[PDB]
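Everything below concerns the one structure shown next.
The chains carry the letters A, B, and so on, in the order of their sequence lines. Using the numbering of the PDB entry, the residues shown for chain A are 2-74, 87-202, in order. Using the numbering of the PDB entry, the residues shown for chain B are 2-74, 87-202, in order. The figures that follow rest on heavy atoms only: side chains count, while hydrogens, waters and symmetry mates do not. This deposition comes from X-ray crystallography, 1.5 Å. In each ligand, atom 1 is the first atom listed, and ligand 1 is the first ligand listed.
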There are 2 protein chains.
Amino acid sequence: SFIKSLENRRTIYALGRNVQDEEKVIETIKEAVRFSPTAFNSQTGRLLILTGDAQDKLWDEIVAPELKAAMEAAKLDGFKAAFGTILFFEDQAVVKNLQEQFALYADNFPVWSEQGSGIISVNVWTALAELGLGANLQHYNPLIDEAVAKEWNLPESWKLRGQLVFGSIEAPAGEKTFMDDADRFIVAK
Amino acid sequence: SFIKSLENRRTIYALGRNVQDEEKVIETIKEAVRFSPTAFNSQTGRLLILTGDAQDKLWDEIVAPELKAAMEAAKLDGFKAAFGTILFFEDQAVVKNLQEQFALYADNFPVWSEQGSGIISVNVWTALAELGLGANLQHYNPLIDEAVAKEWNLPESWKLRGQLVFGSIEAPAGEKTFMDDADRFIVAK
Ligand SMILES: Cc1cc2nc3c(=O)[nH]c(=O)nc-3n(C[C@H](O)[C@H](O)[C@H](O)COP(=O)(O)O)c2cc1C
Ligand SMILES: Cc1cc2nc3c(=O)[nH]c(=O)nc-3n(C[C@H](O)[C@H](O)[C@H](O)COP(=O)(O)O)c2cc1C
Ligand SMILES: O=C(N[C@H](CO)[C@H](O)c1ccc([N+](=O)[O-])cc1)C(Cl)Cl
Ligand SMILES: O=C(N[C@H](CO)[C@H](O)c1ccc([N+](=O)[O-])cc1)C(Cl)Cl
(Lines of atoms letter the chains of each structure in order from A and count residues from 1; the text may use other names and numbers.)
(Lines give C-alpha, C1' and ligand atoms only; values in the text may rest on other atoms or scores of the structure.)
(Ligands and ions follow the chains in the order given, each with its own letter.)
Protein backbone atom coordinates (compact mmCIF):
# COMPACT_ATOMS: atom_id res chain seq x y z
CA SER A 1 0.00 0.00 0.00
CA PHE A 2 1.43 3.33 -1.09
CA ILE A 3 -0.77 5.18 1.42
CA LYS A 4 0.51 2.90 4.19
CA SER A 5 4.08 3.66 3.07
CA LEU A 6 3.32 7.36 3.41
CA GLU A 7 1.79 6.88 6.85
CA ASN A 8 4.84 4.89 7.98
CA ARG A 9 7.21 7.80 7.33
CA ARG A 10 7.65 9.93 10.44
CA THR A 11 10.08 12.35 12.06
CA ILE A 12 12.31 10.24 14.29
CA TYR A 13 14.76 12.18 16.45
CA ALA A 14 16.12 9.22 18.43
CA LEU A 15 18.42 7.61 15.90
CA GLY A 16 21.24 5.07 16.11
CA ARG A 17 23.70 3.18 13.94
CA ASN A 18 22.09 -0.27 14.00
CA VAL A 19 21.94 -0.38 10.21
CA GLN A 20 22.33 -3.82 8.66
CA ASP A 21 22.92 -3.23 4.94
CA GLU A 22 24.35 0.19 4.08
CA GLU A 23 24.75 -0.74 0.42
CA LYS A 24 21.01 -1.43 0.18
CA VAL A 25 20.31 1.88 1.91
CA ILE A 26 22.44 3.80 -0.61
CA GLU A 27 20.75 1.94 -3.49
CA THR A 28 17.33 2.93 -2.20
CA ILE A 29 18.30 6.57 -1.67
CA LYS A 30 19.46 6.76 -5.29
CA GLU A 31 16.33 5.04 -6.62
CA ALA A 32 14.01 7.35 -4.68
CA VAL A 33 15.68 10.37 -6.28
CA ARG A 34 15.89 8.69 -9.70
CA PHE A 35 12.15 8.05 -9.89
CA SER A 36 11.14 11.52 -8.64
CA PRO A 37 9.64 13.96 -11.15
CA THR A 38 11.17 17.37 -11.90
CA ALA A 39 10.09 20.13 -14.28
CA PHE A 40 11.25 19.39 -17.85
CA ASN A 41 12.94 16.27 -16.45
CA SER A 42 15.63 18.72 -15.33
CA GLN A 43 16.74 16.49 -12.44
CA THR A 44 18.19 19.41 -10.51
CA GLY A 45 18.62 17.53 -7.22
CA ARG A 46 22.12 16.70 -5.98
CA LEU A 47 23.01 14.59 -2.92
CA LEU A 48 25.95 14.29 -0.59
CA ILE A 49 25.53 11.16 1.52
CA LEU A 50 27.67 11.02 4.66
CA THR A 51 28.22 8.10 7.02
CA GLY A 52 30.88 7.01 9.50
CA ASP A 53 33.78 9.44 9.93
CA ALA A 54 32.18 11.95 7.56
CA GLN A 55 28.97 11.90 9.61
CA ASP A 56 31.00 12.67 12.77
CA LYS A 57 32.89 15.44 10.98
CA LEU A 58 29.82 17.23 9.67
CA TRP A 59 28.25 17.61 13.11
CA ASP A 60 31.36 18.03 15.28
CA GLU A 61 33.61 20.08 13.01
CA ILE A 62 31.14 22.04 10.87
CA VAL A 63 27.64 22.40 12.31
CA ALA A 64 28.63 22.84 15.98
CA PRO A 65 31.25 25.58 15.48
CA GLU A 66 29.21 27.41 12.82
CA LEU A 67 26.10 27.39 15.02
CA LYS A 68 28.06 28.64 18.04
CA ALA A 69 29.57 31.51 16.07
CA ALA A 70 26.14 32.28 14.59
CA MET A 71 24.41 32.32 17.97
CA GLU A 72 27.03 34.67 19.43
CA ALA A 73 26.50 37.25 16.69
CA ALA A 74 22.68 18.40 22.93
CA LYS A 75 20.38 18.32 19.89
CA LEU A 76 23.57 18.19 17.85
CA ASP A 77 24.69 15.09 19.75
CA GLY A 78 21.38 13.50 18.73
CA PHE A 79 22.03 14.29 15.08
CA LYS A 80 25.65 13.09 15.28
CA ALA A 81 24.56 9.81 16.90
CA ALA A 82 22.63 8.90 13.75
CA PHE A 83 24.08 6.62 11.07
CA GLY A 84 24.32 9.35 8.46
CA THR A 85 23.16 12.57 6.89
CA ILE A 86 21.90 13.11 3.37
CA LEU A 87 22.51 16.68 2.24
CA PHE A 88 20.11 17.79 -0.50
CA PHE A 89 21.17 20.51 -2.94
CA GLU A 90 19.65 22.05 -6.07
CA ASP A 91 21.96 22.63 -9.04
CA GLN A 92 21.69 26.33 -9.86
CA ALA A 93 23.67 25.97 -13.09
CA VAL A 94 20.84 23.87 -14.50
CA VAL A 95 18.20 26.30 -13.22
CA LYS A 96 20.07 29.22 -14.82
CA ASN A 97 20.39 27.34 -18.12
CA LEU A 98 16.63 26.73 -18.15
CA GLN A 99 16.02 30.41 -17.38
CA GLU A 100 18.22 31.28 -20.36
CA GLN A 101 16.56 28.78 -22.69
CA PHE A 102 13.06 29.89 -21.64
CA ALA A 103 13.33 33.56 -20.65
CA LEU A 104 9.58 34.26 -20.49
CA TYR A 105 9.25 31.64 -17.74
CA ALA A 106 12.51 32.36 -15.92
CA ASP A 107 10.58 33.03 -12.71
CA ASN A 108 9.13 29.50 -12.75
CA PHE A 109 12.33 27.46 -12.65
CA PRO A 110 13.53 28.50 -9.20
CA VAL A 111 10.03 27.72 -7.87
CA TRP A 112 9.91 24.31 -9.54
CA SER A 113 13.43 23.56 -8.31
CA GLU A 114 12.39 24.34 -4.74
CA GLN A 115 9.36 22.07 -5.17
CA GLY A 116 11.75 19.47 -6.59
CA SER A 117 13.88 19.58 -3.46
CA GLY A 118 10.80 18.89 -1.32
CA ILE A 119 9.83 16.06 -3.64
CA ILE A 120 13.13 14.19 -3.54
CA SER A 121 13.61 14.82 0.19
CA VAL A 122 10.33 13.16 1.16
CA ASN A 123 10.66 10.35 -1.38
CA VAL A 124 14.04 9.46 0.11
CA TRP A 125 12.63 9.86 3.65
CA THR A 126 9.74 7.51 2.88
CA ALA A 127 11.98 4.98 1.14
CA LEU A 128 14.21 4.87 4.22
CA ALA A 129 11.16 4.34 6.42
CA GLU A 130 10.19 1.35 4.27
CA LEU A 131 13.57 -0.19 5.18
CA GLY A 132 12.71 0.33 8.85
CA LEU A 133 15.04 3.29 9.25
CA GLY A 134 14.01 6.59 10.78
CA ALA A 135 14.99 10.09 9.78
CA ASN A 136 14.46 13.77 10.49
CA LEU A 137 14.91 16.80 8.25
CA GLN A 138 17.10 19.70 9.36
CA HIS A 139 17.99 23.12 7.96
CA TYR A 140 21.39 24.43 8.98
CA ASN A 141 21.74 25.98 5.56
CA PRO A 142 22.89 28.56 4.67
CA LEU A 143 25.19 28.71 7.71
CA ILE A 144 27.10 25.52 6.91
CA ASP A 145 27.08 25.79 3.09
CA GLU A 146 30.62 27.09 2.54
CA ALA A 147 32.28 24.65 4.96
CA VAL A 148 30.42 21.69 3.49
CA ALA A 149 31.35 22.69 -0.07
CA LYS A 150 35.02 23.04 0.86
CA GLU A 151 35.29 19.81 2.88
CA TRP A 152 33.71 17.60 0.20
CA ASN A 153 34.87 19.63 -2.81
CA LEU A 154 31.37 20.38 -4.10
CA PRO A 155 30.59 22.58 -7.11
CA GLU A 156 29.73 26.19 -6.32
CA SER A 157 26.46 25.68 -8.20
CA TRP A 158 25.10 23.19 -5.64
CA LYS A 159 22.72 25.14 -3.39
CA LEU A 160 22.13 23.39 -0.07
CA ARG A 161 18.43 23.02 0.80
CA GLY A 162 18.14 20.44 3.60
CA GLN A 163 19.88 17.74 5.62
CA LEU A 164 18.09 14.46 6.23
CA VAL A 165 19.58 12.75 9.28
CA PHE A 166 18.91 9.01 9.28
CA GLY A 167 19.58 5.79 11.17
CA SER A 168 18.07 3.04 13.29
CA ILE A 169 14.90 3.89 15.21
CA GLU A 170 15.68 4.10 18.93
CA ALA A 171 12.40 5.62 20.14
CA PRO A 172 8.98 6.07 18.51
CA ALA A 173 7.65 9.15 16.76
CA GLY A 174 5.72 11.63 18.88
CA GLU A 175 2.03 12.44 18.65
CA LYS A 176 0.79 14.30 15.58
CA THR A 177 -2.54 15.97 14.89
CA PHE A 178 -4.33 16.63 11.60
CA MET A 179 -6.49 19.52 10.36
CA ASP A 180 -10.21 19.14 9.75
CA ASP A 181 -10.70 17.83 6.18
CA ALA A 182 -13.38 20.49 5.69
CA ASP A 183 -10.81 23.28 6.07
CA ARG A 184 -8.43 22.04 3.33
CA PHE A 185 -10.39 19.95 0.79
CA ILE A 186 -13.18 21.22 -1.45
CA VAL A 187 -14.81 18.83 -3.90
CA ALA A 188 -17.02 20.19 -6.69
CA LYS A 189 -18.74 18.40 -9.57
CA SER B 1 7.37 -1.86 -2.99
CA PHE B 2 7.53 1.87 -2.37
CA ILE B 3 10.24 2.27 -5.03
CA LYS B 4 8.03 0.42 -7.53
CA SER B 5 5.16 2.77 -6.61
CA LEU B 6 7.43 5.72 -7.39
CA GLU B 7 8.50 4.19 -10.70
CA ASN B 8 4.86 3.58 -11.66
CA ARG B 9 3.99 7.28 -11.44
CA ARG B 10 4.42 8.98 -14.81
CA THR B 11 3.21 11.98 -16.79
CA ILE B 12 0.22 10.78 -18.80
CA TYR B 13 -1.22 13.29 -21.25
CA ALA B 14 -3.77 10.98 -22.89
CA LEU B 15 -6.46 10.83 -20.24
CA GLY B 16 -10.10 9.74 -20.21
CA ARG B 17 -13.07 9.37 -17.89
CA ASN B 18 -13.10 5.59 -17.47
CA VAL B 19 -12.90 5.90 -13.69
CA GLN B 20 -14.68 3.19 -11.73
CA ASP B 21 -14.86 4.44 -8.13
CA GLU B 22 -14.66 8.22 -7.75
CA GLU B 23 -15.32 8.03 -4.02
CA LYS B 24 -12.23 5.84 -3.59
CA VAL B 25 -10.23 8.28 -5.70
CA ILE B 26 -11.26 11.22 -3.50
CA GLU B 27 -10.44 9.20 -0.37
CA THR B 28 -6.97 8.46 -1.67
CA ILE B 29 -6.30 12.07 -2.68
CA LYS B 30 -7.16 13.19 0.86
CA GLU B 31 -5.03 10.47 2.48
CA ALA B 32 -2.00 11.30 0.33
CA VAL B 33 -2.17 14.92 1.49
CA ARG B 34 -2.98 13.94 5.09
CA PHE B 35 0.12 11.78 5.46
CA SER B 36 2.49 14.30 3.81
CA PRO B 37 4.95 16.16 6.04
CA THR B 38 5.06 19.96 6.31
CA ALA B 39 7.28 22.27 8.35
CA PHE B 40 6.01 22.55 11.95
CA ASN B 41 3.11 20.31 10.91
CA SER B 42 1.70 23.51 9.41
CA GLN B 43 -0.34 21.63 6.80
CA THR B 44 -0.45 24.62 4.47
CA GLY B 45 -1.73 22.70 1.43
CA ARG B 46 -5.29 23.30 0.21
CA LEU B 47 -7.08 21.42 -2.58
CA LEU B 48 -9.93 22.12 -4.94
CA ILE B 49 -10.96 18.87 -6.62
CA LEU B 50 -13.04 19.27 -9.79
CA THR B 51 -14.85 16.59 -11.77
CA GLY B 52 -17.79 16.44 -14.17
CA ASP B 53 -19.38 19.80 -14.99
CA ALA B 54 -16.79 21.66 -12.90
CA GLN B 55 -13.98 19.98 -14.85
CA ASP B 56 -15.57 21.15 -18.13
CA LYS B 57 -16.04 24.66 -16.76
CA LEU B 58 -12.46 25.11 -15.59
CA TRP B 59 -10.98 24.35 -19.01
CA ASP B 60 -13.66 25.78 -21.31
CA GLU B 61 -14.76 28.86 -19.37
CA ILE B 62 -11.63 29.83 -17.43
CA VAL B 63 -8.35 28.47 -18.81
CA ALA B 64 -9.16 28.82 -22.53
CA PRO B 65 -10.34 32.46 -22.45
CA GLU B 66 -7.64 33.56 -19.98
CA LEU B 67 -4.90 31.93 -22.07
CA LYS B 68 -6.22 33.51 -25.28
CA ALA B 69 -6.30 36.98 -23.73
CA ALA B 70 -2.84 36.38 -22.26
CA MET B 71 -1.35 35.25 -25.57
CA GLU B 72 -2.75 38.29 -27.39
CA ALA B 73 -1.08 40.72 -24.98
CA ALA B 74 -5.89 21.43 -28.69
CA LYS B 75 -3.76 20.76 -25.60
CA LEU B 76 -6.64 22.26 -23.65
CA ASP B 77 -9.03 19.73 -25.17
CA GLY B 78 -6.69 17.02 -23.87
CA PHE B 79 -6.84 18.46 -20.37
CA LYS B 80 -10.62 18.91 -20.52
CA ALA B 81 -11.09 15.31 -21.68
CA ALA B 82 -9.65 14.06 -18.39
CA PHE B 83 -11.87 12.98 -15.49
CA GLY B 84 -10.83 15.85 -13.25
CA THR B 85 -8.36 18.44 -12.07
CA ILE B 86 -6.89 18.82 -8.60
CA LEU B 87 -5.88 22.42 -7.96
CA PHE B 88 -3.17 22.73 -5.31
CA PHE B 89 -2.88 25.92 -3.26
CA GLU B 90 -0.76 27.04 -0.31
CA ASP B 91 -2.51 28.93 2.50
CA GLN B 92 -0.66 32.23 2.85
CA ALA B 93 -2.52 33.16 6.05
CA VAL B 94 -0.82 30.25 7.79
CA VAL B 95 2.57 31.13 6.29
CA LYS B 96 2.18 34.74 7.46
CA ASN B 97 1.18 33.61 10.96
CA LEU B 98 4.31 31.46 11.17
CA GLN B 99 6.41 34.40 9.96
CA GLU B 100 4.89 36.49 12.75
CA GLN B 101 5.38 33.83 15.42
CA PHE B 102 8.98 33.20 14.33
CA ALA B 103 10.29 36.47 12.88
CA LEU B 104 13.97 35.47 12.74
CA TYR B 105 13.07 32.65 10.36
CA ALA B 106 10.38 34.45 8.37
CA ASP B 107 12.32 33.82 5.16
CA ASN B 108 12.12 30.05 5.68
CA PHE B 109 8.35 29.58 5.75
CA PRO B 110 7.62 30.59 2.16
CA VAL B 111 10.41 28.23 1.04
CA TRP B 112 9.10 25.33 3.13
CA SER B 113 5.56 26.01 1.91
CA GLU B 114 6.74 25.82 -1.70
CA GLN B 115 8.51 22.55 -0.91
CA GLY B 116 5.28 21.42 0.76
CA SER B 117 3.32 22.03 -2.42
CA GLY B 118 5.74 19.84 -4.36
CA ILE B 119 5.47 17.17 -1.69
CA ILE B 120 1.68 16.90 -1.64
CA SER B 121 1.42 17.20 -5.43
CA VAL B 122 3.64 14.19 -6.09
CA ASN B 123 2.22 12.14 -3.23
CA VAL B 124 -1.26 12.60 -4.69
CA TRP B 125 0.08 11.91 -8.22
CA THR B 126 1.71 8.67 -7.07
CA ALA B 127 -1.35 7.58 -5.09
CA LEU B 128 -3.50 8.05 -8.19
CA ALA B 129 -1.03 5.99 -10.22
CA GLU B 130 -1.38 3.18 -7.69
CA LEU B 131 -5.12 3.13 -8.49
CA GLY B 132 -4.22 2.76 -12.17
CA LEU B 133 -5.07 6.36 -13.01
CA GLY B 134 -2.77 8.68 -14.91
CA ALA B 135 -2.12 12.35 -14.39
CA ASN B 136 -0.10 15.33 -15.54
CA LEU B 137 0.86 18.52 -13.71
CA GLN B 138 0.09 21.91 -15.23
CA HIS B 139 0.80 25.53 -14.31
CA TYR B 140 -1.74 28.03 -15.58
CA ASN B 141 -1.30 30.00 -12.39
CA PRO B 142 -1.20 32.91 -11.86
CA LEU B 143 -3.31 33.65 -14.97
CA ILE B 144 -6.38 31.71 -13.82
CA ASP B 145 -6.13 32.43 -10.07
CA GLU B 146 -8.76 35.17 -9.79
CA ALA B 147 -11.38 33.40 -11.93
CA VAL B 148 -10.92 30.14 -10.05
CA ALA B 149 -11.23 31.88 -6.67
CA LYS B 150 -14.42 33.64 -7.74
CA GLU B 151 -16.10 30.62 -9.34
CA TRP B 152 -15.55 28.30 -6.36
CA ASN B 153 -15.64 30.99 -3.67
CA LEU B 154 -12.12 30.33 -2.38
CA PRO B 155 -10.38 32.34 0.35
CA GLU B 156 -8.09 35.10 -0.87
CA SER B 157 -5.30 33.48 1.16
CA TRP B 158 -5.21 30.35 -1.03
CA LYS B 159 -2.29 30.79 -3.44
CA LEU B 160 -2.60 28.55 -6.49
CA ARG B 161 0.56 26.53 -7.21
CA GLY B 162 -0.36 23.75 -9.65
CA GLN B 163 -3.15 21.82 -11.36
CA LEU B 164 -2.95 18.04 -11.50
CA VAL B 165 -5.12 16.77 -14.35
CA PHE B 166 -6.11 13.12 -13.87
CA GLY B 167 -8.15 10.29 -15.35
CA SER B 168 -8.03 6.92 -17.06
CA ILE B 169 -4.86 6.08 -18.99
CA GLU B 170 -5.58 6.14 -22.73
CA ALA B 171 -1.99 5.94 -24.02
CA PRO B 172 1.33 5.08 -22.36
CA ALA B 173 3.90 7.49 -20.98
CA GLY B 174 6.64 8.62 -23.34
CA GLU B 175 10.33 7.79 -23.11
CA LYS B 176 12.34 9.31 -20.27
CA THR B 177 16.07 9.47 -19.69
CA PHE B 178 18.07 9.71 -16.46
CA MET B 179 21.29 11.52 -15.53
CA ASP B 180 24.51 9.66 -14.78
CA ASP B 181 24.49 8.73 -11.06
CA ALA B 182 28.07 10.02 -10.83
CA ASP B 183 26.92 13.57 -11.63
CA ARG B 184 24.32 13.83 -8.83
CA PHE B 185 25.27 11.44 -5.99
CA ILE B 186 28.40 11.66 -3.85
CA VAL B 187 28.92 9.13 -1.07
CA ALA B 188 31.58 9.76 1.59
CA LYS B 189 32.45 7.78 4.72
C1 LIG C 1 9.82 21.30 4.18
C2 LIG C 1 9.99 20.78 5.60
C3 LIG C 1 10.84 21.37 6.43
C4 LIG C 1 10.98 20.85 7.84
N5 LIG C 1 11.97 21.50 8.75
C6 LIG C 1 12.33 20.90 9.82
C7 LIG C 1 13.50 21.33 10.57
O8 LIG C 1 14.24 22.15 10.13
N9 LIG C 1 13.82 20.67 11.73
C10 LIG C 1 13.03 19.58 12.23
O11 LIG C 1 13.32 19.05 13.25
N12 LIG C 1 11.82 19.14 11.45
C13 LIG C 1 11.51 19.76 10.33
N14 LIG C 1 10.40 19.31 9.62
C15 LIG C 1 9.63 18.19 10.11
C16 LIG C 1 8.16 18.56 10.30
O17 LIG C 1 8.00 19.36 11.44
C18 LIG C 1 7.37 17.26 10.39
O19 LIG C 1 7.48 16.67 9.12
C20 LIG C 1 5.90 17.51 10.76
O21 LIG C 1 5.77 17.93 12.09
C22 LIG C 1 5.09 16.23 10.57
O23 LIG C 1 5.60 15.21 11.40
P24 LIG C 1 6.11 13.79 10.75
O25 LIG C 1 7.43 14.10 9.85
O26 LIG C 1 6.44 12.80 12.00
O27 LIG C 1 5.05 13.22 9.91
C28 LIG C 1 10.26 19.79 8.26
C29 LIG C 1 9.31 19.11 7.30
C30 LIG C 1 9.19 19.57 6.06
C31 LIG C 1 8.30 18.86 5.04
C1 LIG D 1 7.50 20.88 -10.10
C2 LIG D 1 7.08 20.30 -11.45
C3 LIG D 1 6.55 21.09 -12.37
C4 LIG D 1 6.16 20.51 -13.71
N5 LIG D 1 5.51 21.41 -14.71
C6 LIG D 1 4.91 20.88 -15.71
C7 LIG D 1 4.01 21.68 -16.54
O8 LIG D 1 3.70 22.78 -16.23
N9 LIG D 1 3.40 21.08 -17.62
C10 LIG D 1 3.63 19.70 -17.95
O11 LIG D 1 3.12 19.22 -18.91
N12 LIG D 1 4.56 18.89 -17.09
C13 LIG D 1 5.14 19.44 -16.05
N14 LIG D 1 5.98 18.66 -15.25
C15 LIG D 1 6.17 17.26 -15.58
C16 LIG D 1 7.66 16.95 -15.77
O17 LIG D 1 8.11 17.44 -17.00
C18 LIG D 1 7.80 15.43 -15.68
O19 LIG D 1 7.49 15.11 -14.35
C20 LIG D 1 9.23 14.97 -16.03
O21 LIG D 1 9.49 15.13 -17.40
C22 LIG D 1 9.42 13.50 -15.66
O23 LIG D 1 8.50 12.71 -16.37
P24 LIG D 1 7.45 11.74 -15.56
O25 LIG D 1 6.41 12.70 -14.75
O26 LIG D 1 6.69 10.84 -16.69
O27 LIG D 1 8.19 10.89 -14.63
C28 LIG D 1 6.34 19.19 -13.97
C29 LIG D 1 6.94 18.30 -12.90
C30 LIG D 1 7.28 18.82 -11.72
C31 LIG D 1 7.80 17.93 -10.59
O1 LIG E 1 6.86 25.79 -21.82
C2 LIG E 1 6.65 26.54 -20.88
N3 LIG E 1 5.36 26.65 -20.32
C4 LIG E 1 4.24 25.88 -20.87
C5 LIG E 1 3.12 26.76 -21.38
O6 LIG E 1 1.86 26.35 -21.16
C7 LIG E 1 3.66 24.93 -19.83
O8 LIG E 1 3.21 25.63 -18.75
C9 LIG E 1 4.73 23.86 -19.34
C10 LIG E 1 5.42 24.07 -18.12
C11 LIG E 1 6.37 23.10 -17.67
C12 LIG E 1 6.62 21.97 -18.41
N13 LIG E 1 7.63 20.96 -17.90
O14 LIG E 1 8.05 21.07 -16.68
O15 LIG E 1 8.03 20.06 -18.62
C16 LIG E 1 5.93 21.76 -19.64
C17 LIG E 1 4.98 22.73 -20.10
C18 LIG E 1 7.75 27.34 -20.28
CL19 LIG E 1 7.86 27.18 -18.62
CL20 LIG E 1 9.22 27.25 -21.09
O1 LIG F 1 12.84 26.90 15.21
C2 LIG F 1 13.32 27.35 14.18
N3 LIG F 1 14.52 26.84 13.66
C4 LIG F 1 15.22 25.74 14.32
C5 LIG F 1 16.62 26.11 14.76
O6 LIG F 1 17.58 25.18 14.62
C7 LIG F 1 15.30 24.51 13.44
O8 LIG F 1 15.98 24.80 12.28
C9 LIG F 1 13.87 23.95 13.06
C10 LIG F 1 13.30 24.27 11.80
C11 LIG F 1 12.01 23.76 11.44
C12 LIG F 1 11.32 22.95 12.32
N13 LIG F 1 9.96 22.41 11.91
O14 LIG F 1 9.60 22.53 10.67
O15 LIG F 1 9.24 21.87 12.72
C16 LIG F 1 11.89 22.62 13.58
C17 LIG F 1 13.18 23.13 13.94
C18 LIG F 1 12.65 28.47 13.46
CL19 LIG F 1 12.44 28.17 11.83
CL20 LIG F 1 11.30 29.12 14.24
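In this complex, the main macromolecule engaging ligand 4, as named in the PDB entry, is copper induced nitroreductase D.
The drug occupying ligand 4 is chloramphenicol. In this entry, the other chains with a heavy atom less than 4.0 Å from chloramphenicol (ligand 4) are B. By chain and number, the binding site of chloramphenicol (ligand 4) (heavy atoms under 4.0 Å) reads B:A40, B:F41, B:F115, B:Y118, B:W125.
For atom 18 (C) of chloramphenicol (ligand 4), the nearest protein heavy atom lies closer than 4.0 Å. Closest protein heavy atom to atom 1 (O) of chloramphenicol (ligand 4): B:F41 CZ, 3.9 Å. Atom 4 (C) of chloramphenicol (ligand 4) is not flagged as protein-proximal [any protein heavy atom, distance under 4.0 Å]. Residue contacts with chloramphenicol (ligand 4): B:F115 is placed with no nitrogen or oxygen under 3.5 Å of a nitrogen or oxygen of the ligand (distance criterion only). Other ligands and ions with an atom less than 4.0 Å from chloramphenicol (ligand 4), by number and name: ligand 1 (flavin mononucleotide). Remark: atom 12 (C) of chloramphenicol (ligand 4) lies closer than 4.0 Å to at least one protein heavy atom. Short contacts between chloramphenicol (ligand 4) and B:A40, defined as distances under 4.0 Å to a heavy atom of the residue, involve ligand atoms 14 (O). Of the protein's non-hydrogen atoms, the one nearest atom 10 (C) of chloramphenicol (ligand 4) is B:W125 CH2, 3.7 Å. When only non-hydrogen protein atoms are considered, atom 8 (O) of chloramphenicol (ligand 4) lies nearest to A:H152 O, 4.1 Å.
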Are there any N/O pairs under 3.5 Å between chloramphenicol (ligand 4) and the protein, and if so, what are their distances?
unit_1	atom_1	unit_2	atom_2	d
chloramphenicol (ligand 4)	13 (N)	B:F41	N	3.4
chloramphenicol (ligand 4)	14 (O)	B:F41	N	2.8
chloramphenicol (ligand 4)	15 (O)	B:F41	N	3.2

